[PDB]
Each structure stands twice: as structure tokens, then as C-alpha cells.
Amino acid sequence: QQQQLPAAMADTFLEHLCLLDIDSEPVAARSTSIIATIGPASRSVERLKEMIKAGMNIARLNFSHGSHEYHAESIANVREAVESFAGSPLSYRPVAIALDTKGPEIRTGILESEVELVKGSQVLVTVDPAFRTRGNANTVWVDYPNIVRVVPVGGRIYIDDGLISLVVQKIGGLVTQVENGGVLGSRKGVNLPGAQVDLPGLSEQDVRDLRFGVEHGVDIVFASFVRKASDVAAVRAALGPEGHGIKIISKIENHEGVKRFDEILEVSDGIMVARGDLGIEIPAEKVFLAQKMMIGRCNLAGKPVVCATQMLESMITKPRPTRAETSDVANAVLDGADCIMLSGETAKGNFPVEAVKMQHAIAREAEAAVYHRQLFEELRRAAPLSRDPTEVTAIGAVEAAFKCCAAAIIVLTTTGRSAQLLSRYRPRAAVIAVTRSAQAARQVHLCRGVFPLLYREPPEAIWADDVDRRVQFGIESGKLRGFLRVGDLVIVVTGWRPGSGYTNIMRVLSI
Amino acid sequence: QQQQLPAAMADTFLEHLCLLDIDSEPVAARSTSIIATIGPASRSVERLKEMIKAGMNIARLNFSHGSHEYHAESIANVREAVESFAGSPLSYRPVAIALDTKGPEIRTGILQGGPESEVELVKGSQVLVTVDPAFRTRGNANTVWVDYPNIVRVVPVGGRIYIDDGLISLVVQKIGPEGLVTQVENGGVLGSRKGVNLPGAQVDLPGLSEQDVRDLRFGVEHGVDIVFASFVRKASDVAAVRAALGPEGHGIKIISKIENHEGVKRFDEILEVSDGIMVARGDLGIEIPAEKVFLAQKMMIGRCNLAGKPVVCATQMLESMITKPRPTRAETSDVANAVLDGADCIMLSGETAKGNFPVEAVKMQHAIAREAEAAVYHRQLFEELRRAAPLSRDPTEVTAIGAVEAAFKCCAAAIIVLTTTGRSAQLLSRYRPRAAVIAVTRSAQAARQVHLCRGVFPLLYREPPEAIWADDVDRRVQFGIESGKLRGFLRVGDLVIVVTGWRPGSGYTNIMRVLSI
Amino acid sequence: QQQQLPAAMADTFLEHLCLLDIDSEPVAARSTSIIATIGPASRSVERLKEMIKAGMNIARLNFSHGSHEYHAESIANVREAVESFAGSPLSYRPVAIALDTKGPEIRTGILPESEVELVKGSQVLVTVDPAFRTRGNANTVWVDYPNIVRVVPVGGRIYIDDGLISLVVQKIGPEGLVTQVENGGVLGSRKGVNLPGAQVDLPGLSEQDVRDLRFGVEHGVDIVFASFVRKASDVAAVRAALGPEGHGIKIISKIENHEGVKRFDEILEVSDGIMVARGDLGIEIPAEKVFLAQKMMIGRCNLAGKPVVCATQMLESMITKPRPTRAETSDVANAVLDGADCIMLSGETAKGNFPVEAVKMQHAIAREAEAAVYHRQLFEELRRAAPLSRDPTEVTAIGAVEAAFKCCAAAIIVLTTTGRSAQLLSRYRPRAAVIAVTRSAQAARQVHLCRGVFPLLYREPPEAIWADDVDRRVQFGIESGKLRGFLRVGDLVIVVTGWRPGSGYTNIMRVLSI
Ligand SMILES: O=C(c1ccc(NS(=O)(=O)c2cccc3cccnc23)cc1)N1CCN(CC2CC2)CC1
Ligand SMILES: O=P(O)(O)OC[C@H]1O[C@](O)(COP(=O)(O)O)[C@@H](O)[C@@H]1O
Ligand SMILES: O=P(O)(O)OC[C@H]1O[C@](O)(COP(=O)(O)O)[C@@H](O)[C@@H]1O
Ligand SMILES: O=P(O)(O)OC[C@H]1O[C@](O)(COP(=O)(O)O)[C@@H](O)[C@@H]1O
Ligand SMILES: [Mg+2]
Ligand SMILES: [Mg+2]
Ligand SMILES: [Mg+2]
């Protein structure tokens, strides 16, 4: 038997693990979405076509660098590559565009010149506007005046990707001692571990970039350095009434964010575990604790969570990943991540397509290895009772799919919500979501197991005929894509009237 | 909060028990069907109307006694009482009729003194069990004749022989050509033609008696809904019952009564070929040690729960109420624990057939069952039935498990299902939803027969089909809604799950819908 | 094959039930203690010897009726029967004596054995006029509780004589409550009255109760079943009446009415244990609800690690018949499965025609039911519900129960002075018998309240070296278990002892082969 089915009906998690079989081949479609970061290695139209075919679902624009015109041509190239497949609607794969904000930052001043900060020496952190350019071996200027007031005596300041460490010995600027020394250049990043950083939820650059995103029709914003619900409120307000339909994924990057996670998740559409900056702000050996916690809570809430950063790092230069990297991707999927991410592996590396292919393969294997027995039971016990017919129908459809080992659940959705409520219970069966909304077809990639199909045909005269035509579009797209076959059982989820919010019908159909 | 919902949301079985509340009042309709035995105390049309109103769901005809004409008048009176309520279709309660077979028997002989004569079997004395036809009418204090010759090859030295409902006990001292020389372990007064039980013995009786063949044909001829097959030891016994019912009685449900050691040990084989099971604790407690009966009961109900087939707990549940208006604490406990064990139906025998408080007995079983149904620990029960039920490609069963899951998700007041044969309602009942399973059907026999499944409330729809089939489906769903509203089980604002099919005819159930009332 | 072990290794409760086997024979000794009510049918020394051999562990004296001299005679006869077996120390069975208090009551008036019939469907006047005190008849009942006329509305029910007679109030007036007989019957003089759903205010201890508790202390009873406990103050009154000399007496609070059920937690907190007194309870609350109350209280008692008693009408038909009904066997078995530490017989042993047979039947059923316990889920839930502890006795106890489960130990042998180490073992419900060796005669009797504790009274003076005396007591437990059939050569046993003499220092678990 395939799909790790021999291990699926185990009575314990230990027995489940013991029964996993490297000869049990994955048969279902890949459910964990792949976010690929755009850069020189992944900007050309032909390369992006290759990456779409490889399995890329979300194109990420890192607004930490690059002009507005650079990102506009990035969007143009991505959209050209995506729409080259629009001529075959039954095979067209929607691809989302995500804007990753530069975010609030603390930077040192200008001293290609560099100076050495020696361990055991005294170094003054100053915010005097006069020191913008006068950096020294014992003097560091920062563009964050209120730094003087948020890092106590005994507090630490991290400079240049955590390579340099300073400990405040005396306050009043902040007189520090070099704990970990090194060579410092100009305008390097500063992190304040354990501190309440008092920067606004959005920088001015962030405001301009978000207006750019709205004007260019991006689907998702990965909001950097989110520490509280008010940061998400600021992002949402800057997006304005024009960007209300855009999904906001809050990036948790520092201690405050992790500790205030509940209030952040409550006001966000989803979460990104930004392990890079997190491993600068908190001890590296603790990052996994953060990851599994956040993923766990996101799974409970039914909201997407993205595991990010250095998943396949070695593939920046070599054609095959390390054993730790394959393990990390598989374990992110097993933790419960809806999406996995590649950064330098696709933006600048020498094997972007190969890295996408690797994440696809690992994710498929790991999704097949999920212990649906206990996972479903715990999601059932923790999700609160609900009188909303969409959620009632969703849990009934997932239960039915598990009962008959359905090849898929085909759901009609306008906004994506019905597919997301199906996915929150983590069915083994693919959730094929037929929609006329192009933006929803792109945004549902954030939810594990949702396979978007964009319907283009004009509405039929009789709504019931239109519903059935969309259902058959789901069937024929699944058949052509090889995931659906004659004789299979499927679960079909629809609603009793037109418009979003009225899903209330579950059907069992044979092909 | 009501319906024992605080105990329903418990994380462990112990906490569930700790959270039960005598002030939490039950809200769902009573789901465990009540079988009442018809007799002198419960034969008049008016009495039967009272018993229907009190909650009787199945009228049981005990063919151990009574002529064909007696049982025909019993059937006519039950049907008159049932149909007196037909004038209000939204409140009409179907009532099933079950034929309980006499079954194969072993009987003693007629005593020498004559029909109205008695002889004393003295504890500690020698008694010859003989099958010589010359002693047929030669019964005395030291010799008992039986109409079952092979007794001499099924009771070895050390075996027990029970006479008159277990009142007399014998242990075989030696075996020989004259018969079994035994000594009286339990003595007593013996009459003529008394019943014999052979505990632990492999009995060779046919599985269906000749009078049984005839009585089953009376059943088919009078349209009985269910047969309680007595003394089933074999798949072959129930197969013989099935053959005797013939092609004309193919729609009649066969409930096999397990009454001795063989049946309990052979249980799976009987269950495989039967529509359901009766735990016949009366004869069982003579055939096996009384202190073991509960084991058999919990085993059998369990397996029936596993198989999705009805199981009936039977006999002496409210025994003291044959003479008293209130039951003993053990009796109420027994009814409640029969519900908790997982029984679909409970039974009354002497309590309704001959007792002085038949209607009150029905009312007490109703009250207790309602409390106990509220006390079910649905979390673990549903999870275990899910884990034990095999995967299925039958759309009716897939729809059933999805509908029950949904009903649990929204605390649905009911699951409304359209069914022709009852099968869709039974597949819902097998997963034991807290929500009532309201089954709308045009089949009067199916409306009667679905009472065997816990939680199925049958409604007989009578209006001819609408011109458009979908309009007819919607009209039957609305009929279910209005019946539930009038009967107090549904109110405005409730959620219900609606289970339908994609085309007319039995076997095409595949649709579940979430609707607000 | 046996002790229902095939069902013991089940993965679900449903599968556990499916795996039960009537051919799987119980092998362990009977762990649920049996309380027998003493009466005319069970007062002679010879009869009591029969009942001890049948399995009686606790003798209950019902002080609702009978003089002090009568109960003294009961005590003397029970003790004579018990000590007649002391000549074989390896087989001697301790037996506890429990005093069941009369409790506060509401009673009808005096009509000696004159009787009147209250006919169903007739009119009956319930009066509290002191002029009608002695004028009871077929249409008039006087009651010694004046406020009855103010707490029973129209439609309210009044039960008379252990619930045998039922009246429903039709009209209320200055003369009293005009009622209709709902359930009729024969009424004697001064019969008990119950007011279901009424808020009745009665003293927590009567004067007769104080004297009866003094009698109990003076005669060395081990347990008091305190009747009609509704709040912690009632058990405090019982404890105070027992006085400084009766500090060692165990208080089992009888829950018999609505208030007791609602205030259960506070009562259990101050009590040694609980009796689900289903007789009065089933009159005080609706009959169809008693099982809820029962399963709740037993559950909480199991949660608390305190003994709980299931009582009344368990084998009622055996008052007149030599065999019980199927419901009665079911009731005993399900009381054991619910988690009761003790089961009880009342009229079945006090006045019925088959007292020894009732004891034997409860013994057989209890053995069968104990084998059918689903220890996997039961142990896991008790472990997760029991608090973490730094007390070495409780730590050792849970370790020893885990060990016994791991090797299917035939017994856990424990040395105990007060019974506490045995009780902490019992709280985790081992399949293995907890064999408790003690020098305390009173503790040997009292530990019968704890399921699975088999008390052995050690009589030999201490050995010179304390470790030798410990080893000798352990070997005494072993040899008693061998002679009584609970232990065989090749069995494994868990042995629980302490590092120094005196109660409270249990801290050692050892694995031994027989
Ligand atoms: O009180 C009960 C009891 C009995 C039946 C009952 N029924 S139930 O519907 O709630 C139910 C739930 C969980 C699994 C089940 C499996 C098959 C049937 N019914 C089940 C719920 C509770 N006990 C069962 C036997 N113990 C004994 C053993 C643990 C020590 C405890 C008592
Ligand atoms: O998941 P959403 O956004 O609530 O969309 C579900 C909706 O889709 C439908 O199935 C189809 O609606 P449309 O015809 O408007 O596309 C509705 O019946 C249902 O309410
Ligand atoms: O429970 P059963 O006997 O399979 O009946 C279920 C059937 O009832 C229906 O809902 C109604 O069918 P009818 O119109 O033929 O009565 C069918 O769609 C479905 O197949
Ligand atoms: O259960 P209890 O009352 O604490 O008794 C346990 C005690 O029994 C013993 O095993 C034996 O003590 P003694 O020698 O004083 O009887 C002690 O080591 C232990 O503290
Ligand atoms: Mg950052
Ligand atoms: Mg029979
Ligand atoms: Mg009492």
C-alpha cells in the first residue's frame, strides 16, 4: 500500500513511526506550498516558467533591497511567466505574489572601510545626529534615538547579523563593553535581544512600498518585525481601503513577538516564523521551540503559518542538500507548516529550480507520513463548537473523505474561506478549490492542501448548471493533472445560494 | 447546562463520571426503544393506547404460550390502538410487532399421578433420567423422563441438569443403559411437562421446531415486522428460520436470541447472518452461571455495537414492578446500565404481559433511558466506533459518518434522513449521534422496523409524490421538521443535518446539508 | 486465558468489552468488600461463622431500631464467630463492625401493632395539629414535623414507610394538607416520611444519635455509617460526639438526599468515605436519577482515594428467593465496575431467608466483575488525576502498582500500622491483591473499606532485630497467601516496606519470586 497507509491505521504515534516505509510511495498531490524568493537567479521569464513547473506557488519580493522599478519588473516577469500557461485552463496553476516589507530597522552609521571592535574594550553607542558619519572603533552611531531608552544596563546590542555583541555597562549615550568582537563596516543591522523596540509598526519606506504593492495588485504582505497587534493594525491601515483584500502574514522575528504571539495571530491572517532574525535575537538552540510553538498555535487557529529561512541553505552552491536540510524541510511539514520557503536558494543561488524540486519532493514524502489519526483527533478536540454551516460542512466533508479514502474534496469558493475551513482540519485528500476570483486562487496557496483552479467561463443562465459546470471543471482538471481517476470517490462541497458565506452542502460522488 | 453536556465535554472517562449531574435535565427525545410483551395485563385496545402514549415502541408476542387465534386478536388490538392515532400524521407513532418463537425445548414427562399431580424430588436422593418411552407417563420421585433421547450423550459425569426454570438441579452420578443416575443438588416440587436445561452441553435440537415453522408462517401471514428466534445456537438455526419465513417473509428482520453457552461461544457466526441480537438473560442465567450473565451481555452488546446491528437487553429489568408500583434500585440501575452498555432496545416481559403496573413499567423504562442516554460519554464512544469501523466506499455510510461528525460539531438537534428500507437511518444510528435521527419514510413496515436502531424516530409520510421529485424530497424534509417541532424536539433557531440522495429508489443516499430551523 | 487477561490488553474500551469471556475464570481473590446487615436472620454465632466463611468483611448494625442490649448481643456474637478462627493465624479473617446511626427522621403518629389501610384514590388528611397526634386512621395522618404543611405544595409528593405509600397534595388549608393516595398500602405506627424536593431543616445529630455513638465508642466499633449527612457540619458533629477516645473510628458519610448530593465535595473533604445510600436517595430524588448520583459519587471517591460504599436492594429478591434476578446480578457487577470499594446487603442478610446465599452470590459476582475491570484506561486516568507527591509512601505505592502491572504480580505485600500504605496502593486499583500485614487489630479490620486490601493480623512478638521482624512479617504474608490460595510457587510479588519503625516511613519496593 502507498501513501504510508500501513502506518496510517496505527494505534500509537510510536507504532506509526515504526511503520513508516521508504517503499510506500506518495500518491496524493503535494500540499505544502513553496514560497520562492525572487532575485538575479530567478528573474528571467524562462527561468520563472521553469520554477512554476517545478512547483513554485508563491513568488516573494524582498523589499529589503531593490528599487520600486526593480520590483515592478520582477512582478511583470512573474506575471508573464504565469500567464504563459493561461492558454490551457485545465492545467493553469495560479501563482501568488507576496511583498516582504523592509520593516523597521536599526542601522549603524557610515564610518568599503571597516574598523575592528576588540573584545574587552569600551564602545559607546550614540544617537547624536552629529555622529551620522563619524564611526570609530569605540563609537557606533545608530539611527534609533530611543535606543538609549529601551536597552537597560546589562542589556545587549547585536550588530552585523549577530556577529558583534555589546553589553551595556553604563547608561545615559549607552556605554558598552565588547562581549563578541569583530570587523564592522558601514550601515549594518542592529538587533536588541529581549528589548521592547519602540519603532512604529511600519517605517516610511514601508508605507511607500505598501502603496506600491497595492498599486501593483500584490496578493500577500509578509509584514516584518511584528511585535504586537498594533503593528498589524498599522500595516492594515497603511494598506488602506484599497488593499483590504490582501492577506497579512505577520513575521515574528524577535523575543517580544514570540511572547505576544497570541495577540498578533488574533489580528493577522497568518504567521511567518522568520528563523534568521529570530536566531539573532534569541539563542539559536531555542529557535525550534519557537517554531513548533507557533506552528502548533497556528494549526489550532486554522490560520496559515510559514516556516522560512535557510531550509536548503547549502544548495546556494551545491546541487544537492545536506541531510540536515532534508530533515528540516520534512520536519517543518510534520510540525504542521502550511508553506515552506526558499530565500537565497532561489534569489541568488546556482540551483534555484533544483532547490524548488527538492522542497517539492521532501514535502510530498512528509505529508504522506503525517499521523492523521491523532492529528485529526486533536484538531477536533481543540477547535471550538460552531454553528456556522461552512465549518460544520467542512468537518463533515473531511470526516467523509477519511472514511472513504477519497481522492479529493472539490469545493466551490468565492473568497477561499470554504477551502481554508476544509484545510484547517488537515485532510489527507486534496482540497480542489474552483473559483472565479483570480486573487483568491492565488491567496489560497497559503493554506495546506488547497489546490486552486481558476474558472473563466461566463456564468450560465441557470445557477445550478453553473455550479455543476464548475464541479466538472474540478473533476477534469484533476483528471488531466493525474490526481483524479475514473472510479475514484470525491467529496464535493457547495452552497444553497449564490454569494460567499453560504456553503452548507456535502456530496459523495464517483468519477 | 442540560443534557449532561458538562460531563459530555470531559477529557477522561473518570472525569465524565465525576461531572454527571442529577439536576441536568435531558432534552433529547428518548432514543432506546422499549419492547413490551403482550398479555392479559396489556391486551385491550385502551390499555394498548396507554402503553403507546407511555412510550412502547415494539409489541412482543410470546409464542411460548397462546393459540394462533389468541395472537391474531392480540395483533388486531395492537393495530387498532396504533391506527387510532393516524388522524394526526405529524404525531403518529409507528409500533412494530415482533414474534418471539417458542423454540426447541426439552420437557419432562407427565407424572404417574396424572396431569394435575405433583411429586417431590428430595435433595440428596437418587433420580434416574431416562429416555425409554415406557416411562413417558411413569413419572415419580426417583425417575424423570424427557422427550430428548440424546440427553444420554451430552451430559457426562459431573454435569448438571436443570428442571422447571432452574428450580431443580441434578449432578450426573453415573451413565448407563437405563439412563443417567443422578443425585439431586437442588430439590423441589415437580409437575408435569416441565422445561429442561443442560448447562454447557452441545444440544442437537434442530434449531427450529415444527410448531415454530408453523408459527413463523402465521407471522408472515399476519405481516409481523420482526422475529425473535429462540434458542439460536447456530448460523444454521437462523438459516432455517430464514428459510421457513420463505420468499414472502424476506423483509422480516431476524433477531437471534442467545440463551446458552453455545450461542455465546458461537456469537460471531450467529451475528454474521442475523439482523440483530437479543441477550435473553432469563434462560441464559439458567444455562450459564448467573454471576457471569453480565459478562455475556456486555460482550454481545459490544460486538453488536461494533457491527452496526441492533441488540436487545431482555428479562427481569423491572421485575419487582409486576406487583409493585415502583422498582428496586437494582432494577433502575439495570435499565440505565443496559442503555450505557450500548443496547438499542430494552424489554419488559411479565412487567407488561401479566403484571399489575404495565403502563408504569413502560413509563419508568422511558424515564430511566432518557437520563442514561444523556449520560453517554459520546467523545470516547464516537472515537472508538470510528476507529473500529472499517473503511467504506458505500456513499450511504460515508454520508452517515460525515453527518454524525457535523451533528457533533454544531450540537444539531436532529439528523433528518429520508429512507425507504431504513438502511440510511441505521447507518446513522451505528455511529451513536447525540442528535435524534428523524427518519421520514413512505414504508409503513420500515417505519415499524427502524425502532430496532437506537436514536431513530420514524415518521410515516402519507401524501402521494409531488409532480417534481425534488419538490417531494423538500416536502418530506419539511414534514420531518414540522413533526419534530410539534413533538417538542425541534425549535426555531436549531440546526439540523439533512441526509438525502441524488435519485429516487433505495441505495443512493449521498447528500448531507446543514440547515437552521 | 483467565482473569479476563485477553480483554486486559485491549486498545479501546469497546474492544475490551468485546473481548470479555465467560470461560475466562477469575483467579484472584475477591477484592470488593462485602457489608452484611445484622438482624434476626444473621445474629447466631453459627450463622455468623457461615457468613464469615461466605465472604462477609464488615458487620453493619442498623441503629434505626433495636435497644442497646440487642446490638451489644449482636457485637458479642459477631466477635465470638470471628475469634473462633483465631486458632489458625495464617487463615484468620479480620471482620470490621460498623455502627449505622438512626439519623434525623420525620415519622407519622401512633395509631401496638395496630394497622390501617390507605386505599389508592382516596382522600387522606395530613395534619400537624397536636390534638390529632394519636388519631391516625385511613383518612388522617399526623406527622411530628410541623413545617410539613408549609413545604409541600399542591402537586408535591409525600412518601410514607420507606416509600411504600405515596400521597399527592390536592388542597392546602388551615386543617392541613388534603392529599390523594397515589400509591396505597398498609400503614403501621410511627413510620418514616420523606419529602422529595422540600427544604427540610432538621438537627444534624439527634440525642439518640449521641447516645448511640457513645455506645459505639464504648464497644470499640471500627466504622460509623453516618446517616443523612448533608453538609460538613454534620460530620463534624459526628466526630465530636465520638469524642477524643473515638478519634480512630472511621466516618463514612451516607448521602441520602438532594442536599447531600449537591454538597458532596465539602462532605467528602471531611469524611473518611461515602455510602451511596440508594434506599432513601431514590425516594428523595427521582428514581431514574439515582444511577447518575451513584456513578458521580463513586467516581469522585475514586478520584479522592477514599472508600465508597454502594448500598441497598442490590440482591433484594433474595429476601425470599434462593436466586436473584438478572437485574440484581447486573447491579452488583456494575457497582463493582463503577468503582465501589464495598457492596452491601440489608434485608438480604438482616431478615431474609437466604443470608449466607446472598453473601455467596455477591462474592461470586464481585470476583467476576473485578476480573473484567479495564485496568489500562483506569490506571492511566487515576495516574493523570492523582496529584504529584513528595510523600515517599505515595511515590512507592504508585511505583509498586506499576511494577505489579508490568509482571502480572500475584500480590503486593505491604506492612502497615494504620492501613495508610495499603490504602495508597488501593487508590491506584491494581489487578494484584494488596496483602497488608499489620499488628493493629483495629487497622486490620478498618482496611476492609479499601478495595483489594486483604488484611492479615500478625500476632507474634517482635524479633530482637527489627529487620528480622520485617522479614518475618513479609514471610507471614507470603505463607498466608499460599495457604489461602492467593500465591503459588513461581509467582512474583511486590513487597513494600519502610526504612525505620513507626507509621509514615514506607519507602521501599522489592521484587520477589515465590
Ligand atoms: O460507567 C460505566 C459506563 C458504561 C457504559 C457506558 N457507555 S458509553 O456509551 O458512554 C461508551 C463510552 C465509551 C466506550 C463505549 C464502548 C461501548 C459502549 N459504550 C461505550 C459509559 C460508562 N462503566 C463501564 C465499566 N467501567 C469499569 C472499568 C474501568 C474500570 C466503568 C463503569
Ligand atoms: O468559501 P466562500 O467564499 O464562502 O464561497 C462559498 C460560496 O460558493 C458557492 O458555492 C458558489 O457561489 P457563486 O455562485 O457566487 O460562486 C456559494 O453557494 C457559497 O456560498
Ligand atoms: O435508506 P434507503 O432505503 O437506502 O433510502 C434512501 C433513499 O431515499 C431517498 O432519499 C428518497 O428516495 P424516494 O424518493 O425513492 O423515496 C433516495 O434519494 C435515497 O436513495
Ligand atoms: O501504612 P503505615 O501506617 O504508614 O505503616 C507503614 C509502616 O510499617 C512498617 O513497614 C513497619 O513498621 P513497624 O515495625 O513499626 O510495624 C514501617 O517501616 C512503615 O513506616
Ligand atoms: Mg528582520
Ligand atoms: Mg427460552
Ligand atoms: Mg436511610
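The lettering of chains (A, B, ...) simply tracks the order of the sequence lines. For chain A, we keep the numbers from the PDB entry: what you see runs 24-134, 139-199, 202-540, in order. The PDB entry numbering applies to chain B: residues 24-540, in that order. The PDB entry numbering applies to chain C: residues 24-134, 138-540, in that order. Per the header of the entry, the method used was X-ray crystallography, 2.1 Å. Partial entry shown, contacts counted within. We count ligands from 1, going down the list as the structure has it; atoms in each ligand are counted the same way.
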* Asked: Looking at ligand 1, what drug do you see?
  -> mitapivat
* Asked: Name in UniProt of the chain with the most heavy-atom contacts to mitapivat (ligand 1)?
  -> Pyruvate kinase PKLR
* Other-chain contacts of mitapivat (ligand 1), heavy atoms, cut-off 4.0 Å -> B, C
* Asked: Is the shortest distance from a heavy atom of B:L40 to mitapivat (ligand 1) less than 4.0 Å?
  -> yes
* Does the N or O separation between C:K321 and mitapivat (ligand 1) drop below 3.5 Å for any pair? -> yes
* Asked: Does any N or O atom in B:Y400 lie less than 3.5 angstrom from one in mitapivat (ligand 1), N or O only?
  -> yes
* Which species does the PDB give for chain B? -> Homo sapiens
* **Residues of chain B binding ATP per UniProt, non-hydrogen atom under 4.0 Å from mitapivat (ligand 1)** => none
* Asked: Atoms of mitapivat (ligand 1) less than 4.0 Å from C:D364 heavy atoms?
  -> 1 (O), 32 (C)
* **mitapivat (ligand 1) binding site, heavy-atom cut-off 4.0 Å** => B:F36, B:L40, B:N328, B:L363, B:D364, B:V399, B:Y400, B:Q403, B:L404, B:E407, C:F36, C:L37, C:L40, C:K321, C:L363, C:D364, C:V399, C:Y400, C:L404
